[PDB]
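Here, CC-90009 is shown bound to Protein cereblon.
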Amino acid sequence: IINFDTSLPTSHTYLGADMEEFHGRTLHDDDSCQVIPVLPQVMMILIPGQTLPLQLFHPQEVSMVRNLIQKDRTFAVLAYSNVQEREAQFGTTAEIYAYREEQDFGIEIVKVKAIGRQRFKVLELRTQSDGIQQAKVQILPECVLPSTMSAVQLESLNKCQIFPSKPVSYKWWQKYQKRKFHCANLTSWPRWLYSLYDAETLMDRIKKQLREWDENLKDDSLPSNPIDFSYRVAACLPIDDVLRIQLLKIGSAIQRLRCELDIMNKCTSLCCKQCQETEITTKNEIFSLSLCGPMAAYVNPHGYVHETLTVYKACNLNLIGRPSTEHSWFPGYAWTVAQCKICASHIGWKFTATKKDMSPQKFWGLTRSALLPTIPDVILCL
Amino acid sequence: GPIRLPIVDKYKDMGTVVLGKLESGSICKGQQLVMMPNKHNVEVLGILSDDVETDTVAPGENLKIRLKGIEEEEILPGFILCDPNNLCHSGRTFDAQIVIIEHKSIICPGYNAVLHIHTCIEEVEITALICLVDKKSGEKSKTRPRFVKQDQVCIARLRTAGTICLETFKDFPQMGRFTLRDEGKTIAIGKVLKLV
Amino acid sequence: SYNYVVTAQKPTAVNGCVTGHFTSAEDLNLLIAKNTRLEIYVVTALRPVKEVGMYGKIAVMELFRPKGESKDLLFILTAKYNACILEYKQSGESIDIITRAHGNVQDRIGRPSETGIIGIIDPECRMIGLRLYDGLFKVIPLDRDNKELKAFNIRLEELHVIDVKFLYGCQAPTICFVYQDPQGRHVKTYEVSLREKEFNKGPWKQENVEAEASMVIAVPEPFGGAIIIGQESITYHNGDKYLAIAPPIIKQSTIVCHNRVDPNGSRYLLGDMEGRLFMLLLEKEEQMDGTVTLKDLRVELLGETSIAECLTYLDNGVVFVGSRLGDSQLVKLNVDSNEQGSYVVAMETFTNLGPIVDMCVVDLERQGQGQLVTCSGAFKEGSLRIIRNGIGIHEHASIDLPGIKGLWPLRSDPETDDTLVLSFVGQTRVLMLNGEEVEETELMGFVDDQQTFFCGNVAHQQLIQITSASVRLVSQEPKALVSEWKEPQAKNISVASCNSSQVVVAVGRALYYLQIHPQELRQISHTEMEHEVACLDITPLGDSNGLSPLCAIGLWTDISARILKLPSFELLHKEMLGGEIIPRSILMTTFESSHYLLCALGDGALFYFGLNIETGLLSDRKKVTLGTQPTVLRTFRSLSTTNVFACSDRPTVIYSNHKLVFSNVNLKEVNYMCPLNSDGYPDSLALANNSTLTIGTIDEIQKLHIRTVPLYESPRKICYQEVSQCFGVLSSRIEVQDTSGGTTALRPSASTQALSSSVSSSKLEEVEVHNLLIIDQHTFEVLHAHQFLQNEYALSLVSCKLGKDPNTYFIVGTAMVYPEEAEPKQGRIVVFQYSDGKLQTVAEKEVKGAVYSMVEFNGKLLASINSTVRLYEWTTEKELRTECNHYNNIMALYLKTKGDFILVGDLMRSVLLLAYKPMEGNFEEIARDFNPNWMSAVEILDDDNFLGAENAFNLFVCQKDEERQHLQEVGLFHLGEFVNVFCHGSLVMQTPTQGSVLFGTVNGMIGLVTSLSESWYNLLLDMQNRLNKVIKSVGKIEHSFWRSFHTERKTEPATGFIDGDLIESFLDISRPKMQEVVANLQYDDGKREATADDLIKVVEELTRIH
Ligand SMILES: O=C1CC[C@H](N2Cc3cc(CNC(=O)C(F)(F)c4ccc(Cl)cc4)ccc3C2=O)C(=O)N1
Ligand SMILES: [Zn+2]
């Protein structure tokens, strides 16, 4: 139905000429203590696997990054739990994979592309005389649990736990549940309950919702490891910062996947955060225009990061001015600032195609910071 | 394609030689050209790109160029060579998008400063400024501002001392970027939008 | 918090079974592994020998014979990767198992494979192959000097390995296995270099095997090669030869276990998943002497067995069937097909409680001590088990004979008893014992028209009989009366008692003293007493060669037990008891050389004092209640010591270790008794109630007795409704998708064979049908079977009273399960009432979600619905109206409550505390603790400590004491068993321990948990570390390593717990090891050096809680 090319927005081509790329990868040992610098102006809760673009202008930020591009390329992104909370307890590491320093206009500007790697717990914060802070951090391990039947499996049925690969289906999943959870009759709960805590089943249930948004092939785009999968879905869920913090505090993918599935079903409406009482869009209009999903982080010309959820239709929004193609995050579309009709708060932008052959001809890009998920009929993460 | 060569400096040698960095298009030996501010025709003699001589050369390189034509000095830095078909726009008033980066107080219309556009350096005055624009959104301001302070972006109209060669951004980058300058400090940077 | 974990019923399921020559090369042994227990039997045409306790979960158990060893050796590998090689040693009368080699074979990194640990031993007995983790193959060389079990790994190209086996008939250590890659399932063979340490390409391979290849069987010589088992085909593989059959008789279910019958390799056994039993047969042809080529493979169905986990043929045609779902069988299989069908017949049936899905405690025998009823087994092995703590009685003969009001043994000829005298109402009879046949005889000199109060052999080769009116003395040589005694005014005798030389009878308020001389009864004294006499005793206590100098009395009105001196009747001690009920029976006996006085009351109260023979002082009194009905005290001998049998409505045997142990007797009612020792019933007991005379022997110590009530279908939940004397049980049977509407049952089960059967809807592949069963608390007959709706899953069950309604209802929470919907969208809460003989459906509540659990919460019903806890109020119009509602993050799987607290958990170890606030009609989160891990069941210990079982068979305790909402991790313990349910209660009569909690297990193990004071936990922790140095551990497994809290990712030491099994083993070591254990201890009694008897009195106080 569409033809845009979901691979374009993830590239962040609006940043210009190809950046220098790095192939190396740095991962710290679980539970190890590390001192990692914090960027003073980044206001985001970064989740592992999420791409974070930045434009740094201030010399102190630029200087710190030049040093980082030479060392491990990893900085700390503190996850602020409350608005007036001075001390940060959690956060996520970001690994620079592309960078470019340019002396164009006459001011040193640094463009960076980072990716979330490891979650950590903040142990100490020390501010240097320059304004760049260092975090004494403890790498939080990813808790991997075995199959729920591992401690309740019969040794005679061990040779039956391996199943031959599935055909690319309704009848097959019924046989999967019956065979993997056969030894559930030795416990207090039935097979269908254990299914509710099975990574593979939960992941197949999420894919069914992701397929409603994108014609992406499950085969490749989505990772097969539940850990990576669980983090990838969390990145494109249009939830508020308090909920995003709760998902990051979750150490088990199982708990994360279940909590995500509940969010995907409960919160169907998206209202204006400033008003709280003004519907802007619904989950039925959410769609993915980028390989990352319906929501991804993008940077504006002044280094402001916006997690933009692409939706087909929005209401109660007034458009200010005329469309512009300048620094467009979706090349081929022009943007027009969109404010709320009631409180005039900036909600996002309307994107209108520049060429008649493009489809969709129009859509809306809403900034997560301006929206508030509402349950029809405070949302609680199951 | 179209050719643009901002002139850094000239010097009388051979017939007449000119210095610059060649930003637009390719330049062939003997390729007839023009000089935009005075509309002076001129023919190429020798293309001394780098220290070597080559008959033709592509954008990027640093060319010394021998000029055959009615050009024997009376050419200033901040002039340009131009393809005779689609040549460069000029004049002395223009609109531009100007982000204030360093200034202790407030700049308001009639603010005097220097204007560095490519090779050209000419004093400039901001006649009136049009509309603020918010950095978070992009929102063109509702009312006209009376002034703009630091760390702030606006769009304004600008009159230089006299006849210079401007080209809008989007059309051309290197000639469309500029830096306002005062007391040697860099006070603003700007992309040019319209041409009055 | 500090707690105490003790095993009350060792596991019953069978992890594995194997035969061999372990005790002696001449003997044939059968080795059974009941999880963390090892049973060693000797086969005859089974004999127990030794049972030992591993400090580990037995995962691999095989027998083998190294080069130059007298008998087979045993290899054991635990779930925590403890490896050891064990030998049997007998020094004459002391059986001991010595460890030869030991060592942990865990690798610092690795992912444990899906098919679990696989251990094998090559036929040459040179190496030991183990597939612990994926892509690797650990190998242990079996050199004589490998006492550390040093081993090495060998990389594998194949990652997904199904099953591996060492091949027979190869001069090189050759393995053969099945694997699976994205291209399909295949089979390969490798050769192992014990020196070069790698794989060399094996003999043969044949890719693209059966899709469900699961089992590999190595065939010994002369056949060689291997057999491949699957869902569809049984295939042979040796070299380029390829024999393949596909019998349709096994396509109906899956083969799970196997065993070799004859050591040549022609006959194999095949165990099914549904209990079927098959015999594989290999057809040979001996072309010449030497070569034996395989012709064909045949299979025959031999009959039905218990759902088998492990199998082993023994000898002479008998097979042991070890099961984990149902009872273990000893089966004899004949060559003649039985009349019912196939050729199998059960011989013995070994009890097996596993698995335990739920259990409840019940006071089935009115009040007193509790009993335990479990939902045990699965599928056709489904059964209820009733477990009571008490003493058994082996009935040798039962005779209907009402009115027995007295019982005495008699020796009619001087040895051993030969005559039983029975006293009826106002009359008397005599029974004679010729072998096991009882017949009425007459005893000349005895009067048979009066109520006999006592008779028995006495001194000078004489008898005696004390009727209501006389005191007759009979001779033995001619057998006739020689001297009769009566009252001077010929009045009736009230109470009497006698020993062997003295006789003290009483009339009203007066009592007389007689002596037994040849042909004479010499009256002596006749003091008057203040009030009527109730009971007296003249037992000769101790030391005195024949006669006693004391006389114990109980009096009416005064209700004072008194000790008088003979023949003066001087009041040596008066003790005034309760004051409303007269005494009914008194007795003076001695236990473990300590002298007690006992006295029972007509209301069942039992006093026991301490007696000073020379002083007559009755001191250190203690009282215990035994039953509502009057009690009668009798002395008898068992195990060369004198016990005391207390006849009543709750019969009780009193024995003993300087601590009296009142042990219930597994019998209905017993009014009168006497010890009988005849030529046909030696050293036995004679019991008598209102209608039965029972004779039989009695066990020496109380164990656990288990009554099996088969259901032939899986039970799920259970609760006890006392006001109806019935059990409510949830059950599920299996049916098959049939023609037309379908759903035809498999076999007659407990839900199809009920008295009255109901349903919830008419008719308007496998499929499960759920039922609510009503079971009588006495007969255990299925009184009613409710069948829930189609596609309805019954999850919870509770019997309680709600609101101000006096009726006690059965409440069941359900959930609709359709295969297309992952999470259940709707369920119901049904409120039944069992009135008379009907099951009225009182009320229903359609709910939009599942109902994983319920609980009665302060007269109101509290239920969980998905991630929501809902509180229901019971209307006066007989309905459920909502009062409160509370949402959570967690699926409210587990639900327990004490007082106003509520503890909510899920399968993910996540725990919530909730408190009812009546002034708000809502709930408030009190505390929480999230630490993601698999949780099987939880329970509330008290208001501040909460018990649960997490993955890898562990226990934990959380503790309460702003950020005072954090639950600390104060207790950890690797129990080694999969706990499946907790419930309060005990199995002993009504203080070192505080509280008591029982729990079930998948392996059928029943344990107990109780709290301790810090003083005891500190001491008993010192006790543990002292015993670990002393007691010899099998396989040299560190006790601290065994109980260490284990997960796949972490391994922390245990804390806040005490392995009561280890503490209880203090009484099994020899006396010097005790003194060795108490190496300068500071014991506290208001401190000094501690002795061995100091800790025995301590440990015996702990063994009396289960
Ligand atoms: O798809 C999208 C949706 C729109 C979004 N944008 C564009 C944008 C432009 C400006 C004002 N421009 C500038 O300030 C400038 F970039 F044009 C500039 C001019 C002169 C100089 Cl010297 C430097 C920079 C302010 C905010 C935004 C903003 O949030 C975006 O980035 N890509
Ligand atoms: Zn608004």
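In what follows, every chain begins at residue 1, and chains take the letters A, B, ... in the order their sequences are listed. Hydrogens, waters and symmetry mates are skipped; everything else that's a heavy atom, side chains included, is used. Counting starts at 1 for both ligands and their atoms, following the listed order. Header entry for method reads X-ray crystallography, 3.6 Å.
- In the structure shown, the parts corresponding to CC-90009 are ligand 1.
- Other chains with a heavy-atom distance under 4.0 Å to CC-90009 (ligand 1) are given as A, B.
- Source organism of chain A, per the entry: Homo sapiens.
- The molecule name assigned to chain B in this entry is Eukaryotic peptide chain release factor GTP-binding subunit ERF3A.
- Counting residues of chain A in contact with CC-90009 (ligand 1), the top UniProt domain is cult.
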